[PDB]
Chemist: 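Piclamilast + 3',5'-cyclic-AMP phosphodiesterase 4D, experimental structure. Questions below.
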Amino acid sequence: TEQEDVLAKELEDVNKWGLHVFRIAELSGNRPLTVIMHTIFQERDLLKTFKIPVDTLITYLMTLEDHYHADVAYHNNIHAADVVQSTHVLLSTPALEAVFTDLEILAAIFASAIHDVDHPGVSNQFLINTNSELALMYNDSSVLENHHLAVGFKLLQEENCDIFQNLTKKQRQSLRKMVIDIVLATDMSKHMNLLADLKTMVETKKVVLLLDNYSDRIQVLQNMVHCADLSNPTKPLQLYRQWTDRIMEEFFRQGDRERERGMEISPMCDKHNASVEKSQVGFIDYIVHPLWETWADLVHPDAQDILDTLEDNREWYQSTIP
Ligand SMILES: COc1ccc(C(=O)Nc2c(Cl)cncc2Cl)cc1OC1CCCC1
Ligand SMILES: [Mg+2]
Ligand SMILES: [Zn+2]
């Protein structure tokens, strides 16, 4: 059909920063995660490498995508697809050519796909403050991130969903550990330590990059997926602005729930006292730029255009304040 033709055209940009992910979400019948993951697996020849039956891959992806919430403005299947695609581009950076094994690549992409599954659209702190079942289950420690992993892995046990059925026991064990390490590293409470470790690696860099032990390799993959998670402000402005609209809607809905419960409204969650532009500038200045500038240093000069875009977008948001 004409719609499938346009979808195919948009997917030709799967290896490019700035893919039209929202268009792909609409054109695919709200299956951005499934089609983008399928496309990336085909591009990297992962189905052949790991003997993943095509029908099994699609069944699992659709099932996984179904577990992202349709009514959460930001932490939905589009965000998952975007992080998957951004990770895919970061993995292809020239400075990392031939550094990671096929299993490591698979782990990073799979981790990206499941990293926010079944997100309720409220933060770890909200879950902790409201004595939620999730916080009680996970003892207030990386509550959501533990849950995303539990769901992502559990779904593999559904009928015709085990995409790792042909991996060896050793490969399955290794992949499981890497995926857990990567998704737990997406908790923002770990951001400062992750960044500190990334800077230490840049300072002791040996060169393409030379990573010999699990600690260094996993650290890079953790930071890579974390960069993808924090990549919105580095994308072309039309995409960035949509991500900002969505995160603010989600935050405002949390603030509304907090207000209904008589709780104090969390930072940036009060629709009656918000500064969207100032908040984006602060977000870039204190979190996004420090991380991306460090990533850019590790893979210099591969990420120069991404960092330039980030800086341009920071200047644009800042210009709307006066
Ligand atoms: C497009 O703007 C934003 C996008 C993403 C996030 C953000 O914190 N994402 C995130 C969250 Cl909410 C939790 N764990 C990890 C990540 Cl990366 C935060 C954003 O803006 C901040 C939050 C509200 C205003 C500043
Ligand atoms: Mg998350
Ligand atoms: Zn995320």
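Using the PDB entry numbers, chain A covers 86-292, 297-411, in order. Method reported for this entry: X-ray crystallography, 1.7 Å. For ligands, and for the atoms within them, numbers begin at 1 and follow the listed sequence. FYI, side chains are in, hydrogens and waters are out, and symmetry mates aren't considered; it's all heavy atoms of this structure.
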Chemist: Could you help me spot every copy of piclamilast here?
Modeler: ligand 1
Chemist: For piclamilast, which atoms have a heavy atom of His160 less than 4.0 angstrom away?
Modeler: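 Contacts of piclamilast toward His160, numbered from 1: 12 (Cl).
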Chemist: Which residues overlap between UniProt's Zn(2+)-binding set for chain A and those with a heavy atom under 4.0 Å from piclamilast?
Modeler: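 Per UniProt, the ones with a heavy atom under 4.0 Å: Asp318.
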Chemist: What protein heavy atom sits nearest atom 5 (C) of piclamilast, and how far off is it?
Modeler: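 The answer is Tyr159 OH, 3.7 Å.
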Chemist: Residues of chain A touching piclamilast: which UniProt domain claims most of them?
Modeler: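 UniProt domain: PDEase.
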Chemist: Identify the protein heavy atom lying closest to atom 13 (C) of piclamilast, giving its residue, its atom name and the separation to 0.1 Å.
Modeler: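 Checked against all protein heavy atoms, atom 13 (C) of piclamilast sits closest to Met273 CG, 4.0 Å.
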Chemist: Counting only nitrogen or oxygen atoms and a 3.5 angstrom limit, does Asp318 reach piclamilast?
Modeler: no
Chemist: Establish whether atom 1 (C) of piclamilast and some protein heavy atom are separated by less than 4.0 angstrom.
Modeler: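 At least one protein heavy atom is under 4.0 Å away.
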Chemist: Judged by non-hydrogen atoms, does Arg335 sit under 4.0 Å from piclamilast?
Modeler: no
Chemist: Show which atoms of piclamilast fall inside a sub-4.0 Å distance from at least one heavy-atom site of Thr271.
Modeler: 14 (N), 15 (C)
Chemist: Of all the atoms in piclamilast, which lie at a distance below 4.0 Å from a heavy atom belonging to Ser368?
Modeler: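 Selected atoms, number and element: 24 (C), 25 (C).
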Chemist: Find all atoms of piclamilast within a distance of less than 4.0 Å from any non-hydrogen atom belonging to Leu319, and give their numbers and elements.
Modeler: 17 (Cl)
Chemist: Return the nearest UniProt active-site residue in chain A to piclamilast plus the heavy-atom distance rounded to 1 Å.
Modeler: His160, 4 Å
Chemist: Define the binding site of piclamilast with a non-hydrogen cut-off of 4.0 Å.
Modeler: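 The heavy-atom contacts are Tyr159, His160, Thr271, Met273, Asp318, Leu319, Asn321, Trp332, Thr333, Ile336, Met337, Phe340, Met357, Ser368, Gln369, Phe372.
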